[PDB]
Peer 1: 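First the structure, then my questions, so here it is.
Within every chain, numbering begins at 1; the chains are lettered A, B, ... in the order of the sequence lines, protein sequences first and strands thereafter. In what follows, every heavy atom counts, from backbone to side chain, and hydrogens, waters and symmetry copies are set aside. Both counts, for ligands and for their atoms, begin at 1 and track the order of listing.
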Amino acid sequence: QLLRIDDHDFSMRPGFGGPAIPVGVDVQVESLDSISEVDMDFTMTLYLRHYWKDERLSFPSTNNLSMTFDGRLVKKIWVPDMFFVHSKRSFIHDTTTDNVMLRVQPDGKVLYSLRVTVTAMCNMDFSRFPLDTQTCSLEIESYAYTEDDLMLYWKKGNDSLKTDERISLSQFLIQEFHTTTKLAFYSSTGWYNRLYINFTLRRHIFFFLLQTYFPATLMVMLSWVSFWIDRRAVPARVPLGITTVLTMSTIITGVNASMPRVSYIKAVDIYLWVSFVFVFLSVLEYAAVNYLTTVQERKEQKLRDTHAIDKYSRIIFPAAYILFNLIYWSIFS
Amino acid sequence: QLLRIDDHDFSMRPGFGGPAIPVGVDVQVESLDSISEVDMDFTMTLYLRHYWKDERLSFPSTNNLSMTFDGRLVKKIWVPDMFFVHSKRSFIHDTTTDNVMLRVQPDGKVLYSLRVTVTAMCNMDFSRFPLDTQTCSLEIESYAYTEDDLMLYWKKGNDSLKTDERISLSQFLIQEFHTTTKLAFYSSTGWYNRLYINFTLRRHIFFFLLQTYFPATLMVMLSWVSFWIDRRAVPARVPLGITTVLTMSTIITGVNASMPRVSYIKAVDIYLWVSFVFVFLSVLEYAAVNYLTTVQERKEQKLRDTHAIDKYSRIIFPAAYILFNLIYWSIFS
Amino acid sequence: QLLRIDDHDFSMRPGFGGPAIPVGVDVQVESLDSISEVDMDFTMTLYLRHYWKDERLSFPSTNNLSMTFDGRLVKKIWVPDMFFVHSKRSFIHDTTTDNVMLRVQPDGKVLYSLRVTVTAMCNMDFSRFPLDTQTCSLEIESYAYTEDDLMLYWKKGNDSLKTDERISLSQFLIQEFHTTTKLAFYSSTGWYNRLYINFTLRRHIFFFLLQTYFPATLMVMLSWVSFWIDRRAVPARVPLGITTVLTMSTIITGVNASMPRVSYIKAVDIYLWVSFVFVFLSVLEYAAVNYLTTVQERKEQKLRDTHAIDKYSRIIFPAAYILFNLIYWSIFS
Amino acid sequence: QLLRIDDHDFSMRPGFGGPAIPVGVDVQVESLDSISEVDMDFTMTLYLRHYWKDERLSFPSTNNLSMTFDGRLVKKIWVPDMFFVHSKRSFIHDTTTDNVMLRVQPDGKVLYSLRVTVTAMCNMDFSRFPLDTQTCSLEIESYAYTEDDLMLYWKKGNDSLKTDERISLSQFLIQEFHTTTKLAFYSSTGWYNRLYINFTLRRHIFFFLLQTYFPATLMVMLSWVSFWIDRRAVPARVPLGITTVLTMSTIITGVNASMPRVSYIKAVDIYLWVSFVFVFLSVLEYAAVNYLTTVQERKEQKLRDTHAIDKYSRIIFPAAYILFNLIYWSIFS
Amino acid sequence: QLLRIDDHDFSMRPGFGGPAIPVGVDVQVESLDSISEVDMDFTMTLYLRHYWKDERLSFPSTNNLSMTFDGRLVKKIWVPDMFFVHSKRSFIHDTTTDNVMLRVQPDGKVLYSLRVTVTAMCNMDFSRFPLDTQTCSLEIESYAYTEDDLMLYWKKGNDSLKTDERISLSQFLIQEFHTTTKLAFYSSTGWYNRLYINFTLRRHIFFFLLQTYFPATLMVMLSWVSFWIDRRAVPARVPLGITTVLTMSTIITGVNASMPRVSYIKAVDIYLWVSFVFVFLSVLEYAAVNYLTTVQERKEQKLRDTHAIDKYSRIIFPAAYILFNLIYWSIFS
Ligand SMILES: CC(=O)[C@H]1CC[C@H]2[C@@H]3CC[C@@H]4C[C@H](O)CC[C@]4(C)[C@H]3CC[C@]12C
Ligand SMILES: CC(=O)[C@H]1CC[C@H]2[C@@H]3CC[C@@H]4C[C@H](O)CC[C@]4(C)[C@H]3CC[C@]12C
Ligand SMILES: CC(=O)[C@H]1CC[C@H]2[C@@H]3CC[C@@H]4C[C@H](O)CC[C@]4(C)[C@H]3CC[C@]12C
Ligand SMILES: CC(=O)[C@H]1CC[C@H]2[C@@H]3CC[C@@H]4C[C@H](O)CC[C@]4(C)[C@H]3CC[C@]12C
Ligand SMILES: CC(=O)[C@H]1CC[C@H]2[C@@H]3CC[C@@H]4C[C@H](O)CC[C@]4(C)[C@H]3CC[C@]12C
Ligand SMILES: CCCCCCCCCC
Ligand SMILES: CCCCCCCCCC
Ligand SMILES: CCCCCCCCCC
Ligand SMILES: CCCCCCCCCC
Ligand SMILES: CCCCCCCCCC
Ligand SMILES: CCCCCCCC
Ligand SMILES: CCCCCCCC
Ligand SMILES: CCCCCCCC
Ligand SMILES: CCCCCCCC
Ligand SMILES: CCCCCCCC
Ligand SMILES: CCCCCC
Ligand SMILES: CCCCCC
Ligand SMILES: CCCCCC
Ligand SMILES: CCCCCC
């Protein structure tokens with residue numbers, strides 16, 4: 001045996017009973033798997049690396065070069081106890097064997113690597129949906145050892161994070177990867193040090209335009225064609241107005257199926273409900289025209305063209321909706 | 001080896017054959033994950049801590065300070081056997097290692113911690129849905145040892161429960177965290193002691209207003225516009241009344257898709273079905289008007305304006321529906 | 001060590017090579033989780049207890065009282081091999097440790113307990129759905145040992161089964177818990193003894209009334225209003241009849257989504273399809289009225305009020321449907 | 001210890017370095033769980049038994065009778081290495097212990113049994129859906145040992161397969177269980193012997209008749225009522241024809257939701273699409289009638305009853321559809 | 001024991017501290033399970049084989065033939081550490097035992113085999129959907145050892161890949177299986193060698209023709225029948241045009257339910273939206289005809305047949321749509 005494993009008790013950390021042992025971390029992100037709006041979490045796959053020194057693993061050599069071991073020797077030596085804070089579920093790949101790397105230098109320096117998949121929560125805001133921008137983070141912390149026994153820091157500062165060029169999401173644009181560090185306090189155990197990985201996401205608006213914004217606009221313009229039809233065709237204009245109202249209600253209902261039950265109004269809800277009001281006022285407009293015409297006929301009868309409401313509605317209704325779009329798209333850009 | 005583990009048989013609890021061993025518990029809640037109405041359960045993630053004393057783990061030292069071990073020594077010493085009563089499923093996180101903490105003082109005091117996710121059942125009541133308030137609880141009990149062998153109590157009374165400030169639910173408001181204690185009896189094993197964690201939830205009404213209450217009101221008001229149309233347009237008023245009835249039926253059906261098949265009427269069902277009656281009576285109203293007009297024409301013919309029903313319906317129908325809303329919102333607030 | 005475990009080979013049952021060893025069973029039901037109509041199975045959580053005697057586990061004492069062990073000693077002694085027959089999936093809870101209890105008396109009597117969740121199949125009949133009553137059972141049997149080596153019986157007869165007062169199902173009513181016993185034969189291994197747990201379930205009819213029976217009745221009564229409208233309004237009565245037919249077809253389709261593809265007619269199908277016939281005959285009725293009127297006009301023209309069909313339909317159609325309901329609800333109660 | 005396990009190295013099969021060792025197999029089927037059309041696989045639960053001889057397990061006795069061991073001794077002796085070919089997933093039940101039986105005779109004969117659940121693929125054909133008949137099979141083969149080291153055969157020929165009388169499927173009829181045997185060749189490892197279990201399935205047509213065939217026929221007959229209505233009611237006959245076309249399209253769409261995206265036409269698709277053509281031609285028929293009537297009026301006007309198309313359509317349309325059904329049901333029976 | 005396993009430490013690879021050890025790979029594909037457009041991944045089942053030499057496993061013999069071991073000896077010897085890059089999830093079958101083969105020759109040559117199921121991501125493009133062609137690949141790489149310690153290559157070059165003749169997909173056509181090799185670099189660990197398996201997929205167009213292209217064409221031709229109806233029937237032509245617009249909108253909405261929310265327009269979207277424009281212009285066409293007729297009547301009145309727009313529309317509208325189809329199918333073939 002090259003290493004004298006059997007001659008030491010590895011239940012105690014290096015420098016037991018003394019100062020803390022420094023540990024460095026490197027991370028390479030492989031891919032982001034999925035994002036859920038209803039559950040408000042994301043899935044990430046990454047490579048995690050650790051650096052430390054242990055004099056008990058020293059062996060004699062003349063080349064002074066790192067040597068690689070099969071990786072099942074890990075379960076017999078001391079290893080850090082990092083865990084992902086605020087995670088929902090995670091696992092380590094084990095095909096065809098445990099994805100574990102162990103390299104030991106002659107002086108005792110140790111390199112340890114893993115391949116894990118982690119699901120973590122992210123508090124998203126949907127006030128500006130679907131034109132919103134979201135920021136999420138991943139947290140790494142040691143579970144058992146406090147800052148007085150283990151010091152956790154990035155190995156090379158800002159250069160310790162790498163990303164694969166194949167990272168891509170169909171619905172989101174990924175940007176601004178950076179790392180930060182902060183302390184954490186638990187009231188009954190002590191102080192701990194945390195590491196952060198931050199990134200930003202931006203949606204794509206093309207799908208929502210074709211699916212929601214364009215059908216809504218067309219249904220509104222369908223109601224405007226009733227102002228150019230003769231008012232004597234009562235069974236022709238009434239069904240046109242009513243059916244557009246019901247179809248607009250169907251479009252409104254279908255949008256909410258894919259989103260969580262938030263307690264505030266979203267940007268898309270404003271567009272849909274104002275459009276519903278425009279179609280609803282179209283139905284009331286003809287009822288006023290029909291009622292006034294009948295009253296006039298009876299008044300003229302008791303003595304023994306285009307109605308002004310229709311003439312003005314052809315101009316006011318298109319003008320108001322255009323003004324609404326100008327204001328709406330100026331606020332949400 | 002610092003601890004004389006091999007010199008003792010840890011298959012027997014401390015004080016075996018004598019009085020009970022006291023055990024203290026501390027809990028910190030991390031987050032609540034999800035709530036299911038159809039399955040009537042909730043998911044919680046928390047940190048669980050235990051306190052006890054064991055003289056067999058004593059070691060000599062001069063500093064009199066707690067020492068931390070890697071946590072894989074737990075499987076070789078005596079550990080309590082707590083379990084969650086009335087739980088459906090649960091697990092312990094194990095990445096990158098088992099989330100276990102073990103700290104032993106020189107005199108033998110032991111601190112043990114875990115990170116678990118538990119799903120537990122809750123009997124909810126939906127009589128006042130969606131304006132309901134629900135209360136749920138989590139129960140902790142020892143499986144194997146009765147009160148004559150193990151005493152279970154909160155470590156610091158009311159101060160033993162802590163909550164993270166990031167706990168949030170999109171649909172519910174969380175309040176009133178407190179802890180209680182009660183005994184339990186099993187007819188064939190004996191008496192046990194239980195610990196409780198209680199909290200309260202309140203829904204948000206904004207989503208249900210826009211989705212159910214507002215579309216229902218608009219469809220009712222669509223039926224009222226038929227009272228202002230000339231009664232000679234038979235193919236104009238009949239389709240208007242019929243189509244609103246069918247659309248109201250569609251709205252009623254869609255609501256029940258998201259709820260369990262309870263055997264009592266809910267608050268939302270009352271609003272929807274009374275609205276359906278209002279629209280249904282609108283269809284019968286014109287049929288009476290049409291029939292009476294035809295009878296009058298034949299009666300006048302055999303001898304060789306606005307009908308009174310329409311005139312009164314314009315006032316009675318809006319007044320009745322307003323009175324219903326006043327009573328309905330006064331009862332359910 | 002209190003027990004002389006190392007001095008015996010526990011690969012052989014007590015009384016090896018001789019008469020059978022009696023084993024007693026006690027069960028306490030905790031809850032029933034879910035019932036699936038499409039898969040025809042149910043989920044149950046329960047506590048399972050075993051009783052037997054083994055002289056190899058005797059230890060000296062003066063108090064003659066049961067002693068409790070941590071439960072990880074189970075994997076080193078002989079334990080019965082019970083399994084659930086006709087089960088689909090099952091598991092044993094293991095948080096924070098294996099839910100196992102082991103108690104040994106000085107003379108060698110052993111008490112063993114477990115907490116398990118079991119899914120088992122049940123052959124349900126839906127001929128009278130949704131007014132049906134279903135009976136299901138759970139079976140317990142030893143896998144390896146026949147009746148010549150192990151005798152299985154209830155510990156206290158009818159008193160061996162206990163149920164939690166919190167057992168409840170939202171859609172079903174649970175009643176009539178009792179236990180029975182019967183032998184089983186396998187053609188290639190021998191005879192075995194089985195234990196049974198039986199219970200009965202009854203549905204709640206409130207949900208199905210509001211969801212299926214009430215909308216169906218209202219759509220039929222909508223078709224009857226066409227008999228009171230003037231027959232000269234052809235474009236008014238034709239759409240009314242046609243649209244009710246299509247809506248009734250939609251209601252029929254939606255019911256079958258939640259049920260398995262059985263090969264026999266159910267009680268709810270009878271109500272829906274007879275209702276469809278009533279609406280369908282309404283459409284044919286006006287076509288006969290319209291055709292006869294046109295023929296009469298041409299006959300009178302070639303020589304140079306209310307039609308009798310409408311008058312009789314106002315009485316016959318409501319009377320027939322009322323008679324159908326009287327017969328239908330008298331058979332299915 | 002009755003068996004001299006420690007005196008032998010069980011890493012080598014019996015008769016190592018010599019002729020092959022015969023192994024017999026018996027199977028008893030317990031139930032079939034589910035069948036998936038989209039994934040094209042089935043789930044089966046069964047008992048698997050093995051027979052062989054090993055002189056290293058002999059023990060002295062005077063009774064010459066089989067003795068049963070607890071089953072955890074299996075992990076210390078040589079056991080065959082059978083696996084299920086073309087399986088997707090499978091597992092062995094382990095509650096409350098591993099479902100393993102081990103019986104050894106004095107001369108060394110060994111009986112070994114297991115309880116497993118296996119999911120296996122089946123290539124189904126849907127050309128005659130839903131009147132199709134499917135055949136599937138389950139394959140058993142040894143993984144490591146070729147025919148020169150292990151011979152695999154059925155223990156008792158045709159009598160080696162047994163089935164439980166409780167096997168039942170709600171949608172399928174199960175028949176014709178039988179077993180066969182065939183050799184298999186792998187280009188880089190050698191020859192192997194396989195065992196087969198075959199069965200046949202037949203669907204139930206009742207559900208599809210009520211759900212698809214009956215609604216389709218009724219919608220076609222609804223279009224025929226327009227031939228008996230006066231041709232002067234243009235706004236009465238046009239909506240009747242159009243609405244039946246759209247409803248027929250809805251019925252066609254709903255059927256394909258439950259089936260995989262095959263690349264050939266099915267039997268049910270033929271019925272639905274021919275029915276759509278019949279309804280579509282009804283709409284074109286009235287357009288021809290309306291156009292010819294207007295032309296005739298203008299021709300007669302410029303000089304200063306029932307149309308023949310309607311008269312013939314009342315006979316030709318019902319006759320053609322009846323002939324189609326006679327041919328359709330004669331081919332597919 | 002035939003092998004001297006206990007006399008060596010298998011935590012170090014063969015040739016430790018020296019040149020790299022060559023490893024050969026063979027693959028046989030069994031089946032492809034499923035393809036997901038929303039998640040952009042595929043599932044594959046395959047057999048993986050490894051070849052290497054280890055002098056520590058040599059044993060004496062006179063026949064010079066491969067010997068097969070039960071496969072549980074794998075966990076005690078050195079085995080490569082291959083893993084699938086860019087995979088989402090995977091597992092190894094373990095019924096009725098681990099699907100592992102181990103064969104060792106007298107000189108130390110080792111053959112190792114596995115049966116695994118792997119899910120891997122594939123970046124698909126839907127610009128030409130549903131007439132698109134997709135290419136995907138599977139990557140194999142060693143996790144722990146770099147090119148200086150382990151050399152990875154195909155055992156027999158182009159002949160190392162085999163496929164089962166039963167591989168089939170209902171919606172796709174599989175072709176062009178081939179293998180390639182390329183190096184990979186990680187910035188913090190070194191150089192690695194990768195192996196690739198490539199294949200191509202082509203969709204079947206039959207389903208999409210009947211489901212989307214044919215219903216869209218028929219609805220357009222329904223709007224053309226309004227040009228042959230007398231223009232004095234205002235309540236007859238207006239509902240015909242309006243209802244076809246709404247039905248076309250429904251067809252457009254239903255298509256997008258099964259596809260991911262991409263940010264570019266697809267081939268099917270072009271056909272659907274141009275068809276919607278054709279139906280929309282039909283509604284505006286009659287409004288122009290109706291308005292001009294009313295103006296002409298008033299102009300002639302104030303002084304005290306077929307309109308030209310309808311005559312030309314009968315020719316221009318069919319001609320334009322035919323030209324569009326010729327261009328559309330010439331580009332996308
Ligand atoms: C006087 C007049 O131009 C009539 C025509 C349609 C009528 C409205 C129809 C819908 C409502 C009916 C309700 O009964 C009274 C308020 C509402 C809003 C009516 C107010 C009076 C209107 C506007
Ligand atoms: C006399 C009269 O104003 C007629 C017009 C509409 C008629 C009702 C239509 C629906 C029902 C039809 C049924 O055949 C008899 C009861 C019902 C409720 C009828 C009662 C008499 C009414 C109210
Ligand atoms: C003579 C008469 O009162 C006509 C009016 C509506 C007609 C029915 C319409 C539907 C069917 C059409 C089919 O072409 C012939 C049978 C069916 C059932 C017709 C038979 C004759 C009826 C009943
Ligand atoms: C001359 C005549 O009886 C007219 C009445 C309806 C017309 C058809 C309406 C639908 C189509 C419209 C298209 O513009 C020309 C072909 C189609 C098929 C027309 C051909 C000529 C028809 C059949
Ligand atoms: C002058 C004329 O033939 C009228 C008949 C229908 C009218 C159109 C109806 C829909 C739109 C209504 C809007 O108010 C103005 C633009 C739009 C597009 C109208 C422009 C003028 C048209 C085309
Ligand atoms: C239907 C009219 C749409 C007008 C959009 C104008 C966008 C202006 C953004 C500043
Ligand atoms: C449509 C009329 C709604 C009136 C609501 C009044 C609410 C009063 C609450 C006390
Ligand atoms: C619509 C008429 C319903 C009549 C129900 C009568 C029930 C009688 C049960 C014996
Ligand atoms: C609607 C007419 C249906 C006729 C069915 C005839 C079946 C004959 C099978 C040989
Ligand atoms: C409805 C007219 C369809 C014409 C299709 C022509 C296809 C030509 C492909 C080159
Ligand atoms: C849109 C409302 C117009 C009202 C015009 C009234 C002119 C007398
Ligand atoms: C809403 C019903 C009004 C009935 C009025 C009758 C006046 C003669
Ligand atoms: C419901 C059918 C009534 C037929 C009455 C015929 C009277 C001549
Ligand atoms: C169904 C088409 C009938 C055409 C008859 C034409 C008689 C002149
Ligand atoms: C389709 C538009 C035709 C316009 C023709 C105008 C002839 C005066
Ligand atoms: C009268 C012309 C109205 C145009 C509105 C944009
Ligand atoms: C006649 C006016 C009625 C108003 C109802 C609120
Ligand atoms: C003519 C009155 C009919 C009443 C039917 C219940
Ligand atoms: C007037 C005949 C038009 C034909 C269009 C294809």
Peer 1: Help me out - what's the drug at ligand 2 named?
Peer 2: pregnanolone
Peer 1: Help me with this one: what macromolecule has the most contacts with pregnanolone (ligand 2), named as in UniProt?
Peer 2: Gamma-aminobutyric acid receptor subunit rho-1
Peer 1: Which other chains have a heavy atom under 4.0 Å from pregnanolone (ligand 2)?
Peer 2: B, C
Peer 1: Define the binding site of pregnanolone (ligand 2) at 4.0 Å using heavy atoms, by chain and number.
Peer 2: B:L284, B:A287, B:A288, C:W224, C:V225, C:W228, C:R314, C:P318
Peer 1: I'm curious, which organism is chain C from according to the PDB?
Peer 2: Homo sapiens
Peer 1: TM segments of chain C, numbered as in UniProt from the N terminus: which have a heavy atom under 4.0 Å from pregnanolone (ligand 2)?
Peer 2: 1, 4
